[PDB]
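Among the contents of this structure: isoniazid.
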There are 2 protein chains.
Amino acid sequence: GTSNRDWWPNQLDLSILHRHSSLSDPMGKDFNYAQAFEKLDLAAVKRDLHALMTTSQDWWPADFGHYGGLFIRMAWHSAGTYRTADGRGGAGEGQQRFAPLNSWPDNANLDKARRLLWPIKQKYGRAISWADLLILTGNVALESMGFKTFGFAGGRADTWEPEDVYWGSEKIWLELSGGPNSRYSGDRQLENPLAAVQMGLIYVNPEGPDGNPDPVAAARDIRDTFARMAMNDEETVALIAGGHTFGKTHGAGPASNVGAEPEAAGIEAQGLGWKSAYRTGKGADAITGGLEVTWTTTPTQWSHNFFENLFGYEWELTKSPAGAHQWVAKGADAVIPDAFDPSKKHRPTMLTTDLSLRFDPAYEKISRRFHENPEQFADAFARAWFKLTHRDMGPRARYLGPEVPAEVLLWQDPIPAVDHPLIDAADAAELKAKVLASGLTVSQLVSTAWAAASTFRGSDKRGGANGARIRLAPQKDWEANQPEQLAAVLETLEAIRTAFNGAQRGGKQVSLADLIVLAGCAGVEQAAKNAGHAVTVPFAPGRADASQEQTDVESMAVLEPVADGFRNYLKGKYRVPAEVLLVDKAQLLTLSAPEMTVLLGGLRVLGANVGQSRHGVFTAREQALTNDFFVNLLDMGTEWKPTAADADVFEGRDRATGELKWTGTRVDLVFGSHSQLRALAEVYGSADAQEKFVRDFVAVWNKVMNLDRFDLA
Amino acid sequence: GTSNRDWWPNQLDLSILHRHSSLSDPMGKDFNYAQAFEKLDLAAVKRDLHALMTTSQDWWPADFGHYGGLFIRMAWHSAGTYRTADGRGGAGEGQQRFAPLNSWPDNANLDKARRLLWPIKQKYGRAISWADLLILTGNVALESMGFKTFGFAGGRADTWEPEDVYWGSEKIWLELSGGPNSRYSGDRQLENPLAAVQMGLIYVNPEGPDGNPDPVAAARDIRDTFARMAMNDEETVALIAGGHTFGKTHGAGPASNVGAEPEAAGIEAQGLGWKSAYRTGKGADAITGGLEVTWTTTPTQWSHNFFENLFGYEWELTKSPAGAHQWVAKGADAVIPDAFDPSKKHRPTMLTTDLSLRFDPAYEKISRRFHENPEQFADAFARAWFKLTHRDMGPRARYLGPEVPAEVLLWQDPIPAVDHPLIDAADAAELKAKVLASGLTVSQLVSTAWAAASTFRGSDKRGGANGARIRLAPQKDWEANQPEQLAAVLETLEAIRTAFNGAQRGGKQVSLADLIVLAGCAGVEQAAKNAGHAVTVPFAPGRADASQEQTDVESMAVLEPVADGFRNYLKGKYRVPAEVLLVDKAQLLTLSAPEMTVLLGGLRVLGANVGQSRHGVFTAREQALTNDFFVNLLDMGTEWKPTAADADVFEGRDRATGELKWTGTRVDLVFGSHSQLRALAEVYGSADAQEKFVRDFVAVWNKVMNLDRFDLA
Ligand code: HEM
Ligand code: HEM
Ligand SMILES: NNC(=O)c1ccncc1
Ligand SMILES: NNC(=O)c1ccncc1
Ligand SMILES: [Cl-]
Ligand SMILES: [Cl-]
Ligand code: NA
Ligand code: NA
């Protein structure tokens, strides 16, 4: 059946905003996963997982009698899709069990690993999510094999449909770079937001770049991809050598023996895939990725044998039984055990990308230090494994259970505890009046609070107004945030704050993070007043102020908005049309299409545009909260044309006289073009809509202000 | 950006069950359109519409100074997408304003028509839907031009995103038959559920079949497509001749002048399309469909001139200025007015498909009768226009406002009014005990109520248990309904009924329609008890029993389930895989995917399969309401393979011994295969889920039993 996507393949896709409705969720509307998890007997779960590690099933026999390696790779892959550019991917939604990730070639035979876990998932039911279970199982694997983990937090709620994620434009799995949809350009520059080198890989190609088995060049791909997954050199070497302390690869025969990935397999395969015609198709005959490497002499026990081997031998380029490039230790004895036959042994082997850790000079220094000091290695790996597996979980307040680490890590964007009474409703009212009396405008107040709160992204739950990080480097200098104007607003609010906190008794005080948000609230109330409407904008106190020392400035860089349609802002010229970027931002903000529409139309008339641009400011009463954006946008008395100076800016002229009425961007005019968005604009542009527009605006404003407020969950 | 649909294009699509969530709806959760409409000043709306008729806008000037013809075509097209096969299409959801319908070639320049209505829409806001407004406008157009309509009903709630409808498989607009995705096979057999001859047409090609200008052959396509849109010969002739009493076609120059349809046009076009480079691109120079025909001497006034012209001249084949085939009256004077130039007149013209009304022998007789008896023509057209425009509105209870016709029409599947007291909770308890004491089994009770209630489809709001039509022809003879078993259950229920009604005082009585549903409820209660659960199933009385004379047997045929996965039924071998048909049925039933899943799993263990098939009956306690379907389906101790005798049936064997445990269909096993459905099955197959399963099943059962209950809305 031909669909709208077939006829109009470049049209914007709003369905990405409407996933995760109560329609697709089997749990009741009131189900609270945190409450279910908090009563799980986590210790009992772990004991079952521990027993599972050495209980082999004949449909996928355990290598060396121990599934530990398989499960560690499973957990690593669950986490390893994460990209810092957008926060998308990661383990936090259990997306490995859905398309496309359940069928990525790099996830081959993890369908078996997930299936091994059904009996435990079935036992404990809604009290442990798949998302939590994947990571937990990886921790229990490492613990069972002698490795002390840094901790574990529950709280990743299950999701019930695939996320809409851009994974690249290629139409062939694993396509080598340089094709018609190449994700590389210039001098091996990977396009943002991607964080893998080929479609369907987690990070890099284990043979080397586009299959070229050069460890030095592979190292460049390793470093780039792992940085784009939030990991530095030390963390990267710790993770790869730590992982490859365990288990083995699977490449026992040619890959052409391996059948359809799960989403393409027949219905009788019951959600599994990659069925192999090679000998028994499993166990000793397994084929997963096509390499045949076993790193250590004790693949089911933590050791420092990965580095002993890496540095204790010289390596020769060889081929697996499937034809893949890999490396074997020159002159070595057969000291590596076989996974099924106790009378066979093998020489040490390595991937090209393992050798990267020795032949790249910066990695070499770290690998050497870890080799000489394996306790350093163990600590770095534990910390990195925790970071890896929790990177997308959000604020520490979301972390559940008895194994949460007490140490606060810089990468968490930590927020200090609040240790005083909070302001009450009367205090809030007093503060809003003092804000409005200072002479700060609706435009300043709205813009500042928008800038602070709208860094939040639901993808990894980073950002938001909690912390008052807008007053710190680097947020205070981002162009979208209007640095000079911001500095003036923050100076006024800080003087108001100092004066309020100085008059209190009893320890009550207000954080600047709360006051920024409250001041925006006051601005929205004043704008409503300016339009002849008395409304109260809800406000919840309890944010705290983080320090510069608690703020990693480089990690913060990925939250810079280079495109923010809600402020009519685009930092440069991109390949993706601005309206697509608007919908992408709305998704990150967790907005629906109605919420996006209301919010943008309100912001336009409140003066929230960067640089006071008149684009989309379709009103003669700016700073009054009215539906004028919609009524004027939809007025058929106005004709629109692109400008000669810029195809992305449009002039709205009176159709009869030619007089210039307005200018707008693509982000403005999409609301009058896109058939679904224009239907939403019509509701808010109707003569009966002023009350609705105000109410719905206030509601979405408050939703945005509270996006990071997991302390109130 | 490559998507799951690109990688796995034949995978089932569940998003069709989750469209129309509260996320995409701008109205609040409690918005009730009926209540808004009942407060509309309908008379004021009609006055505005009357004014609009002759208020020409320069951006799309009115032909003859009157937009009545354009609006009539607009309403006719809104309604004209309807297919009796699935009840999809029609005017009842205002889908003409969304893709793909807003951009169909046959809807060219109806974008202008809808835009002319914006000011009225804006004025009256949520109190008149677009869906109602399109039809109302068409009525006002007819009234303005002198034609008295049969009535009008409001109540078509607006929808907020495109429906997922199969409109065909062609990848080229207007593709002629016989291509790689032909909708025709055999001797010009149009594939079900389609009701148009080419992709993007309403019914037929106005030039003739695949462009061949033979009116006799065109008549065959007219008859088939209009029958597939619920219209017989009389109604068809009346509608086409009635419609073509007004207005004109537009084909002033070559079609190559016409640019992109709305979904493809630039953002500056602000939701319009088909901008034309021919002369002024509008008005006298309009190009819509490429023909250049004006039927009558008074195109803005009701007349009897259509049949005078059809029969009063002989016709000659000619070409329009765009090159399309059309017909001109031989020897005629220039009697037809020009739409813009008072000094020009034209000869009478006709489409090939107009000539069909004279040259097909069955139409000729009707056309003659209408020509000789114009009052009969007028009355038939009024009734047919009412039917056309209300066909998908459902039961009369949904009809709103002061212009609803009092006459009850056969096509409405009418339900008699209830004129006596209803049974109360004590009576219900007594009737359920009598049902359970009669010896009717859980299987019989469930299957009967399922067969009665599950004929409902939300697409056109036909079917459901109200009316007790399961006891009449043709439902009582459908194979899916197990006629012999049904007749035995109905005889026992009728005897219960007769005995209860005979013991009453007052006029209290129970309809058979209510008792069928109540008896089903007792069966579910019994099944729950058999499993050890104490469950009361909700029941709402008030259904009435329709007569055979109130049940058009031919119109009922399209509700016959030829595929019903909920009873593991398939009447023949189809090209569409059965699990796609299951999702289709769920959509018609208004079910989400979690609802579909719970319902099917319960039905399987209750004995609702046709013929008592064991396929999917994954329990050793049939007739007890348990989650056994899920627990056994997901058991990895069973391996599944298609049978050698039939690729669509699967055997589930013990993995270790090879012993046969179960058999299933595609519909059964899709729940263990499709990654989203399996995630739902897991919830219900978990150790903590038995009570949730039972409660969710009761809820969905009740939902199905009440689908047609608009008397309680
Ligand atoms: C450059 C980065 C990495 C590359 C190219 C890579 C490559 C691979 C390959 C090709 C396999 C074999 C798949 C199969 O045939 O079964 C594998 C196995 C494995 N990897 Fe990695 N890996 C990388 C990083 C990591 C990380 C960061 C971890 C965890 C901290 C990890 C843990 C494992 C484990 C435990 C196995 C063994 C699985 C088993 O025993 O079934 N790897 N790796
Ligand atoms: C066999 C069925 C029919 C065919 C092939 C057909 C064909 C067409 C075509 C080709 C046009 C010209 C479109 C354009 O260039 O502007 C048209 C116009 C129109 N048709 Fe039909 N038609 C059919 C049935 C109907 C019916 C059932 C109605 C309403 C009851 C209707 C009412 C109209 C009216 C009023 C117009 C004039 C539009 C104007 O004045 O702008 N037609 N028809
Ligand atoms: N692809 N996923 C996201 O963008 C997202 C996920 C959860 N909340 C907001 C956004
Ligand atoms: N395409 N539309 C339908 O199938 C439908 C619409 C409303 N309720 C049930 C089904
Ligand atoms: Cl994601
Ligand atoms: Cl539809
Ligand atoms: Na994420
Ligand atoms: Na319909």
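Chain naming here is simple, since letters A, B, ... match the order of the sequence lines and numbering starts at 1 in each. All values below were derived from every heavy atom in this structure, side-chain atoms included, with hydrogens, water molecules and symmetry-related copies excluded. Atoms within a ligand are numbered from 1 in the order they appear, just like the ligands themselves.
- The ligands or chains attributed to isoniazid are ligands 3 and 4.
- Here the macromolecule with the greatest number of atom pairs within 4.5 Å of isoniazid (ligand 4) is listed in UniProt as Catalase-peroxidase.
- With heavy atoms closer than 4.0 Å, the chains neighbouring isoniazid (ligand 4) read B.
- Proximity of B/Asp164 to isoniazid (ligand 4), defined as any heavy-atom pair under 4.0 Å, is confined to the backbone N, CA, C and O atoms.
- Each of the following atoms of isoniazid (ligand 4) lies closer than 4.0 Å to a heavy atom of B/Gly458: 7 (C), 8 (N), 9 (C), 10 (C).
- Other ligands and ions closer than 4.0 Å to isoniazid (ligand 4), given by number and name, are ligand 6 (chloride ion).
- With distances taken over non-hydrogen atoms, the option nearest atom 1 (N) of isoniazid (ligand 4) out of B/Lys461, B/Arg88, B/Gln95 is B/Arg88.
- Residue contacts with isoniazid (ligand 4) for B/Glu93 involve side-chain atoms from C-beta outward but no N, CA, C or O (heavy atoms, distance under 4.0 Å).
- Listed by number with element, the atoms of isoniazid (ligand 4) under 4.0 angstrom from any heavy atom of B/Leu588 are 4 (O), 9 (C), 10 (C).
- Using a 4.0 Å cut-off to heavy atoms of B/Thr590, the atoms of isoniazid (ligand 4) that qualify are 8 (N), 9 (C).
- Counting heavy atoms closer than 4.0 Å to isoniazid (ligand 4), residue B/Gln587 contributes atoms from both its backbone and its side chain.
- Distances below 4.0 Å separate heavy atoms of B/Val165 from the following atoms of isoniazid (ligand 4): 1 (N).
- Less than 4.0 angstrom separates some heavy atom of B/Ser459 from each of these atoms of isoniazid (ligand 4): 3 (C), 5 (C), 6 (C), 7 (C), 8 (N), 9 (C), 10 (C).
- Using a 4.0 Å heavy-atom cut-off, the binding site of isoniazid (ligand 4) is formed by B/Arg88, B/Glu93, B/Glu163, B/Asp164, B/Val165, B/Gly458, B/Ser459, B/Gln587, B/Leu588, B/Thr590.
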